[PDB]
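A deposited model with GC376 (bound form).
Chain naming is simple here: A for the first sequence line, B for the second, and so on down. What you see of chain A is 3-306, where the numbers are those given in the PDB entry. Per the PDB entry, chain B residues shown: 2-306, in order. Quick note: numbers below take in every heavy atom, side chains included, and nothing from hydrogens, waters or symmetry partners. Counting convention: from 1, in listed order, for ligands and their atoms alike.
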Amino acid sequence: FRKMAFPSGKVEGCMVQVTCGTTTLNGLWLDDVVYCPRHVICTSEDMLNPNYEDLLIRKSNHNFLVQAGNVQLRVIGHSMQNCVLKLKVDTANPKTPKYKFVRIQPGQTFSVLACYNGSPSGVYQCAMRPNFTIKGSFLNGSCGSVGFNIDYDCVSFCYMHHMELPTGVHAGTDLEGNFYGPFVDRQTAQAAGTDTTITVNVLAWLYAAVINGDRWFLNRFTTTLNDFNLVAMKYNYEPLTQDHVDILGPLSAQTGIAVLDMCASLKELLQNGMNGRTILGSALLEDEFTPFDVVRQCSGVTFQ
Amino acid sequence: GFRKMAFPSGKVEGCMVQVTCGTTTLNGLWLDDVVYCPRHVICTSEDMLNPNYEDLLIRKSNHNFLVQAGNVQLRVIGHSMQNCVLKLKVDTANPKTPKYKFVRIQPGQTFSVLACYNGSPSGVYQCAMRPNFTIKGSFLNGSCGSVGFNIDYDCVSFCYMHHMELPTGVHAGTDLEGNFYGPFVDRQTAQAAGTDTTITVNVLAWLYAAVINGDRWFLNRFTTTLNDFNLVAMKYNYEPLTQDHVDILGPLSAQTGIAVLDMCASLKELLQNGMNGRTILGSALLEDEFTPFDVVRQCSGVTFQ
Ligand SMILES: *[C@H](O)[C@H](C[C@@H]1CCNC1=O)NC(=O)[C@H](CC(C)C)NC(=O)OCc1ccccc1
Ligand SMILES: *[C@H](O)[C@H](C[C@@H]1CCNC1=O)NC(=O)[C@H](CC(C)C)NC(=O)OCc1ccccc1
């Protein structure tokens, strides 16, 4: 079972660079709008506590350099929405895919197209942690790189990159510019909350193990959802929501193992450990595969 | 903790097509006016058990090949076989053909795979060519003709085309000249690989990545000679470390201030003592599928912990 990213071509065709002065970051070009982090308008001095409303009133369309490679796109309008800048340009991107902007929950996975100077560098899969941070590679110049999922022909953009926290983890916004988590776009030390294990994804991975015939951990017990949630919290596992129970439905149906029976199996693994045994060849419980990821990787779903 | 990163797949996505012969469907790679695909597309279920490919191919005409680029049929106007790959000349040039090369990769090197089904891209992930010439991929029925590649500037270097799954669940395939990596054959028979070994230079690169990310518990004050390291490495079915490998670890050694032979002494202790339930970069196992180049790409401008 490997992390698999979505094919990145539909997103590569949307990446541009945005420059104010000597500050360059990435933007997302959809139709005739370029979306990017608003801190492109900040200088070194502005960054500790920028007054973004005051910095933006001093900017005109002609102050923004938007480039698709070396090709300039003329800016014909600008506005700020939360922590994102929207630059209207005079050219509709002919590579614009069918798309949506979505706000994801903790535990949801997405692909990141890491970009520098508007040029795609790499693609990887990551998970939104319960503390609203992501673990992955973002270097200087990576801001405005996006996270996404693809369903059939349609790109759901869920993340735009803004900052690195002291622990080396990353924080950003949805494409409406609202941060995930209690973070703000200013050059100040900010701490993430204590992270927890993504319970719904551990359950998905136990279902994946059962599908592949690795089922030694199936016990003969059940639990209520409330009793499970109170025990899970003692082991720094996220409580399950009704939505989590429902998204496990397909794997529960495929395996014939009721969700609350799998919860009872996980509770015994937390209380007793694995006693030297492995699951899918791992001594560690994996929490960055969603129920969708398990079905996707076992069933060979494509996109176009 | 430290993630595998694939190359952006768009330049390859624009080359993927579907190839069908009778009821056998797989993927092809469309470059200029040629579609490259695994030759076993010409086999029925029965043929795949023990195929005489020259005999099976002479019984085929251009019209027996259905090539589809999405909805659009590409007319086949010529065919030839090069080792285990079929080359279908079509009457249309692919406008999305990138600058490209065909390369044969060395064991220990990494590449990105674009897994495809019915000519449609499904997923992208990083693989290493193992010393036993298998890859640990994710490939289902219909995945054959999926390719592996690296990208340098604008240029796609295609190194792998997918053909089969071994009984152990690992994967085997060819270069784009149709020559298998490893002692495998394109027949529906159970095939074992040679006993695999661990890619030593890649483990060392990953331990450097761990140190750069502040994960340092495994460092020690032993050093070793290269020869004495290699004696222990070989005992544990690790590949020998060459002076060329020591040289390519130079930049990571400079970044961390840990001499390559000091990192070798750390790895020797990990092999002899195990990890004792501890993790490195959140892994319970020593990872050998990042090259020094792969690590340098992610660690370049990182501030030392
Ligand atoms: C945007 O490209 C950049 C991304 C950071 C830089 C290093 N890795 C990243 O993920 N964001 C910032 O520089 C950001 C700007 C503020 C106005 C939000 N500040 C930030 O992340 O500060 C922490 C930091 C900066 C530079 C190097 C290491 C950490
Ligand atoms: C091409 O789409 C397909 C890919 C396989 C299917 C499952 N996962 C994969 O990677 N290749 C084959 O089906 C291949 C065709 C031969 C004519 C090369 N057969 C195959 O891999 O068989 C392996 C095997 C045969 C007999 C016993 C045990 C394993």
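Mapped onto the model, all copies of GC376 (bound form) cover ligands 1 and 2.
Here, the chain sharing the greatest number of close atom pairs with GC376 (bound form, ligand 2) is referred to in the PDB entry as 3C-like proteinase. Other chains with a heavy-atom distance under 4.0 Å to GC376 (bound form, ligand 2) are given as B.
Neighbouring residues of GC376 (bound form, ligand 2) under 4.0 Å (non-hydrogen atoms) are B:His41, B:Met49, B:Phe140, B:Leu141, B:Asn142, B:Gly143, B:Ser144, B:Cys145, B:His163, B:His164, B:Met165, B:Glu166, B:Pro168, B:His172, B:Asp187, B:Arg188, B:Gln189, B:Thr190, B:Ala191. Closest to atom 6 (C) of GC376 (bound form, ligand 2) among all protein heavy atoms lies B:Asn142 OD1, 3.2 Å. The shortest N or O to N or O distance between B:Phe140 and GC376 (bound form, ligand 2) is below 3.5 Å. At least one N or O atom of B:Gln189 sits closer than 3.5 Å to an N or O atom of GC376 (bound form, ligand 2). In terms of protein heavy-atom proximity, atom 29 (C) of GC376 (bound form, ligand 2) is nearest to B:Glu166 O, 3.7 Å.
Per UniProt, the active-site residue of chain B closest to GC376 (bound form, ligand 2) (non-hydrogen atoms, rounded to 1 Å) is B:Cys145, 2 Å. Looking at GC376 (bound form, ligand 2), you won't find any N or O of B:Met49 less than 3.5 Å from one of its N or O atoms. In the entry as deposited, the covalent bond from GC376 (bound form, ligand 2) ends at B:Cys145 SG. The distance criterion of under 3.5 Å between nitrogen or oxygen atoms is not met by B:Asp187 with respect to GC376 (bound form, ligand 2). Atom 10 (O) of GC376 (bound form, ligand 2) has its closest protein heavy atom at B:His163 NE2, 2.7 Å. The shortest N or O to N or O distance between B:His164 and GC376 (bound form, ligand 2) is under 3.5 Å. Mapped onto UniProt domains, most residues of chain B near GC376 (bound form, ligand 2) sit in Peptidase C30. In this structure, atom 3 (C) of GC376 (bound form, ligand 2) lies nearest to the protein heavy atom B:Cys145 SG, 2.7 Å. Where the criterion is an N or O separation shorter than 3.5 Å, residue side chain and backbone included, B:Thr190 fails it with respect to GC376 (bound form, ligand 2).
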